[PDB]
Asker: 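A single structure is presented below for examination.
By convention in this document, chain letters (A, B, ...) are assigned in the order of the sequence lines, proteins followed by strands, and residues within each chain are numbered from 1. Looking at the header, which is where the method is noted, we find X-ray crystallography, 1.7 Å. In listed order, ligands and their atoms are each counted from 1.
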4 protein chains.
Amino acid sequence: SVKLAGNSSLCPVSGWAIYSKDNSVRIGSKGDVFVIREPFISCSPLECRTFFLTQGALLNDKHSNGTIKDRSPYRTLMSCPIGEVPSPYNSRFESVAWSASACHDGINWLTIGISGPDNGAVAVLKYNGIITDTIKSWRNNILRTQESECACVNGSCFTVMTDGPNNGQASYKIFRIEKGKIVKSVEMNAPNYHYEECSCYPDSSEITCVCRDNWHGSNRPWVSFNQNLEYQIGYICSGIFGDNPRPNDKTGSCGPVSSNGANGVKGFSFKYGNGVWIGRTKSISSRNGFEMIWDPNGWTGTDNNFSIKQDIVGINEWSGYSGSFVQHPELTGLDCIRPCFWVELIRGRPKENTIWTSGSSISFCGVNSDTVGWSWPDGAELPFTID
Amino acid sequence: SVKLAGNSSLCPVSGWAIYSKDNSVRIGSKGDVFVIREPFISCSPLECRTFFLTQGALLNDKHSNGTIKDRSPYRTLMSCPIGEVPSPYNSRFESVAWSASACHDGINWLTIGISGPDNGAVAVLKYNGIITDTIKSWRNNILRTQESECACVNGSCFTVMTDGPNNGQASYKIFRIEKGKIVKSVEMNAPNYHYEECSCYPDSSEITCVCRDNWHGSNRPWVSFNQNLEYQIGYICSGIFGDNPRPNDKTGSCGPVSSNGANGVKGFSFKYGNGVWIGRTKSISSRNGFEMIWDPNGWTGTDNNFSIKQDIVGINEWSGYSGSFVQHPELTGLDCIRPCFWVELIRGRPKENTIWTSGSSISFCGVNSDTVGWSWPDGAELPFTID
Amino acid sequence: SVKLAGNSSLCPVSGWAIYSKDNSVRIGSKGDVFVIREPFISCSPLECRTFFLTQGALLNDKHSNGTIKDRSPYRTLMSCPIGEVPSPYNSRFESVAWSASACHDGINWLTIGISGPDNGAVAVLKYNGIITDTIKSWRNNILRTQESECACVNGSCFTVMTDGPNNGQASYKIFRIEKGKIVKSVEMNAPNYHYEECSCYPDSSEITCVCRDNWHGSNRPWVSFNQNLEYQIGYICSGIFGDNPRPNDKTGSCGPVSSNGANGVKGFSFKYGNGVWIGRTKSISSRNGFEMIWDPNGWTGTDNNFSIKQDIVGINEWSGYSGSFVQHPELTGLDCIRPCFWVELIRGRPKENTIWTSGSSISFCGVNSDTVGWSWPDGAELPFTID
Amino acid sequence: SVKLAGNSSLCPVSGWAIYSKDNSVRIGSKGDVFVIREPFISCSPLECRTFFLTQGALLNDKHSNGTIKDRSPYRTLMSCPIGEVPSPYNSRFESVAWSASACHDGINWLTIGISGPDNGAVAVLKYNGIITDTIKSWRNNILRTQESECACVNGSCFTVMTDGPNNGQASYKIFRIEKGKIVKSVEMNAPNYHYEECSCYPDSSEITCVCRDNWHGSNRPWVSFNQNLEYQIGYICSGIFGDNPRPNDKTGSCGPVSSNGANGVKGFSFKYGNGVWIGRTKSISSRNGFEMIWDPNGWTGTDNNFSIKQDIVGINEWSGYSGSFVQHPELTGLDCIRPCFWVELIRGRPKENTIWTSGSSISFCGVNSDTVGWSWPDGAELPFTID
Ligand SMILES: *[C@@H]1O[C@H](CO)[C@@H](O[C@@H]2O[C@H](CO)[C@@H](O[C@@H]3O[C@H](CO)[C@@H](O)[C@H](O[C@H]4O[C@H](CO)[C@@H](O)[C@H](O)[C@@H]4O)[C@@H]3O)[C@H](O)[C@H]2NC(C)=O)[C@H](O)[C@H]1NC(C)=O
Ligand SMILES: *[C@@H]1O[C@H](CO)[C@@H](O[C@@H]2O[C@H](CO)[C@@H](O[C@@H]3O[C@H](CO)[C@@H](O)[C@H](O[C@H]4O[C@H](CO)[C@@H](O)[C@H](O)[C@@H]4O)[C@@H]3O)[C@H](O)[C@H]2NC(C)=O)[C@H](O)[C@H]1NC(C)=O
Ligand SMILES: CCC(CC)O[C@@H]1C=C(C(=O)O)C[C@H](N)[C@H]1NC(C)=O
Ligand SMILES: CCC(CC)O[C@@H]1C=C(C(=O)O)C[C@H](N)[C@H]1NC(C)=O
Ligand SMILES: CCC(CC)O[C@@H]1C=C(C(=O)O)C[C@H](N)[C@H]1NC(C)=O
Ligand SMILES: CCC(CC)O[C@@H]1C=C(C(=O)O)C[C@H](N)[C@H]1NC(C)=O
Ligand SMILES: *[C@@H]1O[C@H](CO)[C@@H](O)[C@H](O)[C@H]1NC(C)=O
Ligand SMILES: *[C@@H]1O[C@H](CO)[C@@H](O)[C@H](O)[C@H]1NC(C)=O
Ligand SMILES: *[C@@H]1O[C@H](CO)[C@@H](O)[C@H](O)[C@H]1NC(C)=O
Ligand SMILES: *[C@@H]1O[C@H](CO)[C@@H](O)[C@H](O)[C@H]1NC(C)=O
Ligand SMILES: *[C@@H]1O[C@H](CO)[C@@H](O)[C@H](O)[C@H]1NC(C)=O
Ligand SMILES: *[C@@H]1O[C@H](CO)[C@@H](O)[C@H](O)[C@H]1NC(C)=O
Ligand SMILES: *[C@@H]1O[C@H](CO)[C@@H](O)[C@H](O)[C@H]1NC(C)=O
Ligand SMILES: *[C@@H]1O[C@H](CO)[C@@H](O)[C@H](O)[C@H]1NC(C)=O
Ligand SMILES: [Ca+2]
Ligand SMILES: [Ca+2]
Ligand SMILES: [Ca+2]
Ligand SMILES: [Ca+2]
Ligand SMILES: [Ca+2]
Ligand SMILES: [Ca+2]
Ligand SMILES: [Ca+2]
Ligand SMILES: [Ca+2]
Ligand SMILES: [Ca+2]
């Protein structure tokens, strides 16, 4: 039982091999499956788990009514084994939460679950299931976090939280956590940037996060930092815009791209020097489809050329959030940190005529062997009996 | 594998961080969730479990009919992991019981489950799931116990049991138990006192219990004792009255407060010198709302002044029983015993137009970091299909 | 990990403390609970399990139709933790079977499951879940076994099987089994005796079985034997008759009591020298009620006097099969083998107007501390939705 | 924790003892049971598991509609303990797949799950749940594999895959896999042969596979090979034809038997010198009944004589796929590899008037002790509520 080192580089990847699919919404038509959104995957040295925010209700029951609503006292962070449906009969209780993050340092699970009122929310940090720290809203305006895994390097785990407007300048802080206790934090000095829902991973002892600008950017902002929280900030420069909504691909910017910049979706990308692996929706205007694109100069260069595209979900099918996750060498036995990703397939409101909103999930792992594009969509037939 | 020492003091706490919420009644609208009441939490050195008294029936099924009834041969003590719904598919069987207690000494679980007729009930003690002792009613009038966790100190666990009227003078005994065997007991000499449903915890090698006077007290009675069962008794002196029902706050007493004193609700409080942390309903007349109040002189002083109030459940929402539980240093790695508490959110009869009565639960742990008041209510929409 | 010794004597017991209740039929009204009959309890050095014969169907589903029928290719022997309902979601698969036995030698589980046609049935023996032996019908007329636990002493386990008529002279064999392999067997020379459904236990290195005479006895036959299968046979002499049906209590016999002797119910008794602890129905004519009676001279003496009766299930409530089980000192830490028992509470056909037949269960352990009589019946309201 | 040697011979068997029956379809009428087909069994040194291809849907739910369809993005490989129903509450997620294989090398599980489009499908290999390799379609025409267990010998596991037409000459490759990585492969040079759905087992350090000719053979093709993938090929010569459909028994061939040769069913056989144990349907024209036949010269001789037949499923009852599985000496403690087999009992479309297709399963292990013929059919009553 040993701390993850986090000191090897990301593995080189040519393509993405399908890892899991839970079919949660299809199964929940009959079975006892939680209404969920904001799922994410995180791994220990022994296993991979799906974390998710329940709505304290099951699919196809009357208590799923009104689950478009983001924040309530009923929402809880729970987890289950990867690829299994999230049920009351197979899910571990983690925290009371309407925003969350989680990660394993090699020894125990850290979970961060935020609840409370919009004007004074509190993040509750747990290590091995025991409360180890709290942090309260510092701008009194919806303290919130990643909705994907935190990142760990040599016994320290790292996350980003936001507090303030979702449609204007807000406040962004980076945290270093050891055994569930906050040991350091810093406010990012990012005037004119907007960071929401960061997808962070370790690479060569440093953390890279690719986030959502909900204010005025259709490209994604990034922040990277070392273990002392010395950071750098920027936006992905590629004209292959990564947010949803966005414009058609054209010449990009290393600052926020204003065209179609308001609103957004949680997402991710993996940096390889000047290059980038971008996961994005297929539709420029809606949460539909998903694809992976390799742009060899897209981290720093503004053209809209790219070299590989792999289809994940077809343009006519519902998608949603996505996030990164990694598998450390302590799990895989490889000599590098393996990049992986998950996609939330959102069903229900606002786009479909149901009383509820819920998601299923798919995930993929990066490989250098042969792969293929396809579409692996949610597959449920809506509406349901309850609607 | 080592016995809990129980020799450190209670941790100092400024406020309460949310720890769990099971949403049992919401989920049970569709899922297979036991009808339960009298839930409580207790921890080992490895995990925290919810114990509860089933009615041998599931929510939204005809066998939930008439579950306002307290004692039957169908009620069982069972347990599940904290925060999970109590289902037949995730719950461990403990004992046949219509009143119960349980606690872990560091090595194994002790459960105490009382069943049989009102005029001759028998407590069955189990250690590691094996029957180790029994004790039979000594006044032939509903032998009954805590409905929350027993308290353990250096291999010995301690509980309190009552036998006799619920509306006049009864008989109260303290027990010391080792490996599931009663090794000592004493009858408390408490004329004019009434003790029901004690919430007991360890603090510096001694046990303190805060209980319910169902006869003629709207403040709570207490009993404290050492390992040889040498005890002291009194009532909480604060004019911040702890029971439900109760009068509006005014000058208190350190005997039983007769105004609104008949009837009651199980509750708890934590003593810190002359001060007290009081958990109570918000309503003076019904089991609605919940709040935590820090009164720095409330154990021994009679004024109705207090320094901190933290909201837990809104005044218009259903609450119910509450109890203490602790997390020992052997679980947390701290240097003190961490006080925590649970609240039962009772749904159905007598206050709502259903055929059934059941509860869900919430819990909190004491911290010295930032916290916030809110309302985390049950959230089910009654009546149900079966009603 | 060590073989059970089986060499200490049965513990002296004054009365019976309630150990489990599963409420299976009440829960199965909504939940996913197997239709079962012929349940029984057996323990390892670490835990106690409920074994049972499913009908390959769930309660309140159409496939429960016709489950009065004893033998089919759908019946399977499965097991779950004691006191939990038998569900597809918590039950371990053991064997394909319409008659069964099971026991733990201290190292692994032995299961014996008989299936096949009436004219050529085969017992499949499994040790640690792996097929270790078979034995085929030797009279071609419903090879059948205990429906309760086998008995183990120093690495050998022992059982009894019958083949031939249920209403006349049949053939009875005793088996010694080591690591799932039959190492010895003998045919009992018992002209004019009838043995069905033996309840066997260890006591001081020897096995005692108390069985059902379905031909012409309203008292119970017994067989006892050592590890070399040197046996003795008799009938319980007490005028406190043990079978169902039976006459009113009167002077008994050490041979089969012909009055009301045909038909029967599986049951048990525990021998203490000349004395006996008898479990029986309360009704002389029907499977209703249950009671424990201590008759200090009832093993060898024919009077109808007895000294203790303890009520278990009221005379107006449904009962059914019962059987012995033991808890070895390797489990309990005691210096003797603890006698325990279980009762099957049969619901449905033939006595009630349902399409199905199923049972729930209760169990008790022998103690020398205080106990009480009561009634702990099944408690389901019949008929069900499906009927 | 040690690799399976795989160097002992197959155990001699006189007959087949029933090992498991899951009753999945019966139970799924009410319970939450996956729609599945292509089940198979495989064992580790500690346990036996059922693997299966879900349709991402539950029985008696609308999403079971159209499950006659073989390949979709919703199908997943999952596994549960042998004999238990495949539910979302007891099943481990393995891979996204519409064709699969799995096997344990003594240390960890290998799973192979093929998904993607018909013209470019990709097999994802996982070792201990971690992606270790991929292989992509080489003829762009439904890359596909065994639907039963792979075979392991001294740390290397072996499988066969087909790519190309199901009704004419296709391409067949053998693979050697170590810790989930392909280390060797070879294309079989088998003009005029057709290999689908191979049932492979180890015997004396070499692998033998018995497969389905879907093009023009009513007898079964075989391939056998050593660890360096040096192979031999032929067809089972017995006039006791093994496929379904097939002609009535008559003089056979050791090439493909053209009469009734098109189409087929997955099956198996076990070679013992010149002899063979053949599992087959009872019907020559449809997937009904099942029987085991010992033909002492049937591997290499063409007559239609045989020595032993054991009934498994009656001629009027539904059967389906069948496959081999083995129990190694490391699991059993025997000195030889124990042959066992499973049968899929297919319910629904095309033969029955439902919207869905699913199966249940039975399994048997080879013994030299007494056995018996019977019928252990599926037993569900179709149609269901949803139909
Ligand atoms: C939960 O429990 C409640 C309480 O038992 C139950 O509600 C009751 O349902 C029964 C059956 O519908 C009702 O009983 C009837 O009452 C009427 C008068 O109101 C009588 O006329 C009926 O008696 C006639 O019918 C019987 C059978 O045919 C005859 O035996 C009898 O002699 C009469 O001819 C019968 O007593 C009862 O009124 C209600 N009570 C209330 C308060 O609603 C409820 O249905 C249960 N729910 C579930 C889901 O279990
Ligand atoms: C399982 O799948 C089957 C196959 O899809 C499904 O059975 C089908 O149900 C649908 C809906 O009831 C039927 O479709 C209708 O067919 C009639 C003629 O028979 C048409 O007139 C209907 O079209 C009208 O209505 C539509 C909606 O209002 C309009 O969009 C349309 O333009 C028309 O006005 C409609 O197409 C279909 O006939 C059956 N098919 C069969 C073979 O039974 C079944 O219900 C599914 N079951 C479950 C549980 O999912
Ligand atoms: C409050 C800002 C935040 C990020 C833009 O909105 C999120 C957007 C969401 C969305 O765009 O789907 C759903 C999230 N559950 C919500 N987060 C919270 C904490 O309410
Ligand atoms: C019998 C006295 C006792 C304490 C006042 O009543 C309790 C009150 C209850 C209550 O006030 O809600 C419910 C408890 N289940 C009941 N206890 C038992 C054993 O019946
Ligand atoms: C076949 C004789 C046997 C013992 C008398 O009948 C049993 C009686 C039964 C009974 O009296 O309830 C139910 C048992 N399931 C049945 N056993 C079998 C194997 O069918
Ligand atoms: C595609 C050829 C293949 C072997 C003949 O067809 C199989 C026949 C089937 C069958 O005959 O029942 C069902 C299998 N699920 C299918 N395999 C796939 C991958 O689709
Ligand atoms: C990474 O950390 C490991 C584990 O402590 C260390 O042994 C090794 O030198 C480092 N790897 C590099 C520099 O690639
Ligand atoms: C959904 O909730 C709203 C608000 O309480 C209510 O008015 C409506 O009837 C509900 N609908 C259903 C179908 O449950
Ligand atoms: C990792 O942290 C430990 C603290 O246990 C520290 O002593 C060590 O130097 C760190 N290692 C690296 C490679 O930074
Ligand atoms: C508490 O008990 C521990 C464990 O035995 C002991 O080592 C320690 O001295 C005790 N401390 C006090 C202050 O009693
Ligand atoms: C019982 O067997 C034990 C275990 O081997 C042995 O040590 C002991 O002598 C025996 N007990 C008796 C005779 O009571
Ligand atoms: C019970 O089974 C019989 C025999 O198949 C059948 O005729 C009857 O309709 C069934 N009844 C129900 C209610 O399922
Ligand atoms: C128990 O059986 C063993 C076989 O391992 C034998 O050698 C030993 O003598 C037996 N002990 C008793 C007490 O009979
Ligand atoms: C089989 O392999 C085992 C395990 O390595 C070895 O000890 C044994 O000699 C082998 N036997 C034969 C006959 O190859
Ligand atoms: Ca944006
Ligand atoms: Ca570019
Ligand atoms: Ca009171
Ligand atoms: Ca005060
Ligand atoms: Ca259900
Ligand atoms: Ca009889
Ligand atoms: Ca007598
Ligand atoms: Ca063919
Ligand atoms: Ca032949």
Asker: Out of ketorolac, mizoribine, oseltamivir carboxylate, veliparib, which is the molecule at ligand 5?
Answerer: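 The one found there is oseltamivir carboxylate.
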Asker: Hey, which chain has the most contacts with oseltamivir carboxylate (ligand 5) here? Just the name the PDB entry gives it.
Answerer: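 The main binding partner here is Neuraminidase.
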Asker: Which chain letters belong to other chains having any non-hydrogen atom below 4.0 Å from oseltamivir carboxylate (ligand 5)?
Answerer: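 By heavy-atom distance, the answer is C.
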Asker: Taking heavy atoms and a cut-off of 4.0 Å, what residues surround oseltamivir carboxylate (ligand 5)?
Answerer: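 The heavy-atom binding site is C:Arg37, C:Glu38, C:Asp70, C:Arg71, C:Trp98, C:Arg144, C:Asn166, C:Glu196, C:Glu197, C:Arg212, C:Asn214, C:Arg287, C:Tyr321.
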Asker: Is there at least one pair of N or O atoms, one from C:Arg37 and one from oseltamivir carboxylate (ligand 5), spaced under 3.5 Å apart?
Answerer: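 Yes, there is a polar N/O contact under 3.5 Å.
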Asker: For atom 11 (O) of oseltamivir carboxylate (ligand 5), state whether the nearest protein heavy atom is under 4.0 Å away.
Answerer: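 True for atom 11 (O) of oseltamivir carboxylate (ligand 5).
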Asker: Is there at least one pair of N or O atoms, one from C:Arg212 and one from oseltamivir carboxylate (ligand 5), spaced under 3.5 Å apart?
Answerer: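 C:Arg212 vs oseltamivir carboxylate (ligand 5): N/O contact under 3.5 Å present.
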Asker: Extract the source organism field for chain C from the entry.
Answerer: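 The PDB gives the source of chain C as unidentified influenza virus.
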Asker: To the nearest 0.1 Å, how far is atom 9 (C) of oseltamivir carboxylate (ligand 5) from its closest protein heavy atom, and which atom is that?
Answerer: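 Checked against all protein heavy atoms, atom 9 (C) of oseltamivir carboxylate (ligand 5) sits closest to C:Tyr321 OH, 2.8 Å.
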Asker: Counting each atom of oseltamivir carboxylate (ligand 5) from 1 as listed, which ones have a heavy atom of C:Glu196 under 4.0 Å away?
Answerer: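 Near C:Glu196, meaning under 4.0 Å from one of its heavy atoms, oseltamivir carboxylate (ligand 5) has 4 (C), 5 (C).
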Asker: In the protein, which heavy atom is nearest to atom 17 (N) of oseltamivir carboxylate (ligand 5), and how far is it?
Answerer: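 Protein heavy atom at minimum distance: C:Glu197 OE2, 4.3 Å.
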Asker: Taking both backbone and side-chain atoms of C:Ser99, is any N or O found less than 3.5 Å from an N or O belonging to oseltamivir carboxylate (ligand 5)?
Answerer: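 Such a contact does not occur with oseltamivir carboxylate (ligand 5).
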Asker: Does C:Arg144, backbone or side chain, put an N or O under 3.5 Å from an N or O of oseltamivir carboxylate (ligand 5)?
Answerer: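 By distance alone, the answer is no.
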Asker: Give me the nearest non-hydrogen protein atom to atom 18 (C) of oseltamivir carboxylate (ligand 5) as residue plus atom name, then the distance to 0.1 Å.
Answerer: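 Here the nearest protein heavy atom works out to C:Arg71 NH1, 3.8 Å.
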Asker: Looking only at distances, can you tell me whether any N or O atom of C:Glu38, backbone or side chain, sits closer than 3.5 Å to an N or O atom of oseltamivir carboxylate (ligand 5)?
Answerer: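 Checking oseltamivir carboxylate (ligand 5) against C:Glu38, an N or O pair does fall under 3.5 Å apart.
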